[PDB]
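Below you'll find the structure, written out as structure tokens, and then a few comments.
Labels below follow one simple rule: chain letters A, B, ... track the order of the sequence lines, proteins then strands, and each chain is numbered from 1. Whatever order the structure lists ligands and atoms in, that order sets their numbers, starting from 1. All values below were derived from every heavy atom in this structure, side-chain atoms included, with hydrogens, water molecules and symmetry-related copies excluded.
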2 protein chains.
Amino acid sequence: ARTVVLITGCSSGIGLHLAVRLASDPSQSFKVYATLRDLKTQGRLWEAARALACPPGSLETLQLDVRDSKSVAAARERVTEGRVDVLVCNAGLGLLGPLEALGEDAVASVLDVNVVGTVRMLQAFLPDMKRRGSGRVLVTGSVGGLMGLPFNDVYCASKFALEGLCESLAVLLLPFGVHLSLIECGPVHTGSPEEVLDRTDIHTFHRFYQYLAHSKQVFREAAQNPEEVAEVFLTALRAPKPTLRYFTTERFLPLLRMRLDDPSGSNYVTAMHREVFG
Amino acid sequence: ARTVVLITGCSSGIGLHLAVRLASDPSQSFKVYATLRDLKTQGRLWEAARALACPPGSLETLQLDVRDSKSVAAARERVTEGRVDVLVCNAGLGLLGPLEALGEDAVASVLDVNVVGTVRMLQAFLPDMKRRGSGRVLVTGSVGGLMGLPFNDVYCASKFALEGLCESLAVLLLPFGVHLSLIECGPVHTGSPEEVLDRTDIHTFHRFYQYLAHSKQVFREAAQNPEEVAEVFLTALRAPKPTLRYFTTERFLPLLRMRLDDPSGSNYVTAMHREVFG
Ligand SMILES: C[C@]12CC[C@@H]3c4ccc(O)cc4CC[C@H]3[C@@H]1CCC2=O
């Protein structure tokens, strides 16, 4: 009997590639429920399933919208085996811009998806793992959940919020046989300017499109294959005593060293200001 | 007038005490706007103010509910000086419990008050500080924002979120002349047991009560007074170049240094499990 996997946010990126990576695994150990907010976006996932030739029955799609605890319950029930061995909380939104230019609705949505969404999935699925005494939870983490990034203020808030949610749980889950791990990802290959101008000062406006210039270049240098990222999830699954945190790259570990060296936080602020601007 | 300070969450606790501390300064250096979710609760604040003979016009109250961006904008407009020199984001909620046992709404309230509420203040008050080239922001933080605490998953999520919000902002804010600081509080003085078993499991139920007993005894030994913490906001207030973070206590700097040491997190997790579950 196979390892049942359920994964959120499989329409693209990490979730897509991780789902087909598990379904197509030559061992045929994995039964994957790939869940999508909107089933109409499932096309690239089935293209990829065939290109890696996932066996029939190895991959199924469910609608699961992490904003809606009813969508969550209903997908849980569509799990024919009636347990989950591996849960991957991958679903996530980004949000980029000067804080004062972000809509209130966009800010709340990011917290609701990235943070509350993950709470909803843990509330539906964690008890059964606890009762049974086994299960793996993997949560897609970010470099921005480790260190703040200018103009990603709310994104980082949500990603730090996961660090805090997951670390708290993990302390409780240490002796339960349920293993929670975060997978810390750097960049990965998967308002319009007058609204931005109206809602902010001239100097922030300049610094923002400066930041976008710098950001795009880092992304060209720095963005990983998502197959390579997916494989780290695999590494974590295979681990018999998995750590709370895995990292998909070492590129950002120097900065993380320095930031945690200095517990009043001002070293990090200068270095990152410098790295990003000039 | 003076140094204009606006403080949220001033009906009791840190906010009430910082408000009167500042209003009763013998230099009369400070004009304090103490804001309350509900002005009808302003009884205790004014009692304290008179107890310290705060001069007239040293202290004023406004209604400000950090869940309503319109409440926020109305209170901004009421600042007759048309500037704020020190903004104190202090409004905060706790949530204690096994995750699966907390209501969805309670969870979303905490994030909306603690995180989104603070975003709304930053959105409303930072623009004028940037354009003016000056300003301080002080934010009530927590050791629970720097290390995960069991059964406080959502509280911690909310406090880690503030870490990421403020750090991201600070990197941008360095050339603008606007300083952001978190005041890292430790603990601070101010369903039925079958419902818990019912919504949770047997291992969890045991851990929870073990936790309750354990943490009572940290509150007896460790809990600082609101006045002591208020005093650390003053240091930060005054500092010629304030750091990103200030600590109110030494006590948890060991448990914290085990976290920063092992980025994998396995050291911190085992430590805190032992420290808590004994
Ligand atoms: C978990 C804890 C008890 C509860 C404390 C607590 C409680 C409330 C709060 O707002 C912050 C904190 C921070 C420290 C926490 C302690 C660390 C060691 C311990 O046993």
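From penciclovir, clopidogrel, estrone, the name that belongs at ligand 1 is estrone. The chain sharing the greatest contact count with estrone (ligand 1) is, according to UniProt, 17-beta-hydroxysteroid dehydrogenase type 1. Lab note: other chains with heavy atoms under 4.0 Å from estrone (ligand 1) -> B. Remark: minimum distance from atom 13 (C) of estrone (ligand 1) to any protein heavy atom is reached at B:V143 CG1, 2.9 Å.
Considering backbone and side-chain N/O of B:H214, one or more are found under 3.5 Å from N/O of estrone (ligand 1).
Residue B:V276 has at least one heavy-atom neighbour below 4.0 Å for each of these atoms of estrone (ligand 1): 20 (O). For estrone (ligand 1), one of its N or O atoms has an N or O atom of B:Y155 under 3.5 Å away. Within estrone (ligand 1), the atoms closer than 4.0 Å to a non-hydrogen atom of B:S215 are 3 (C), numbered from 1 in the order shown.
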Could you tell me, for estrone (ligand 1), which of its N or O atoms are under 3.5 Å from any protein N or O, listing the pairs and their distances rounded to 0.1 Å?
unit_1: estrone (ligand 1); atom_1: 10 (O); unit_2: B:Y155; atom_2: OH; d: 3.3
unit_1: estrone (ligand 1); atom_1: 20 (O); unit_2: B:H214; atom_2: NE2; d: 2.9

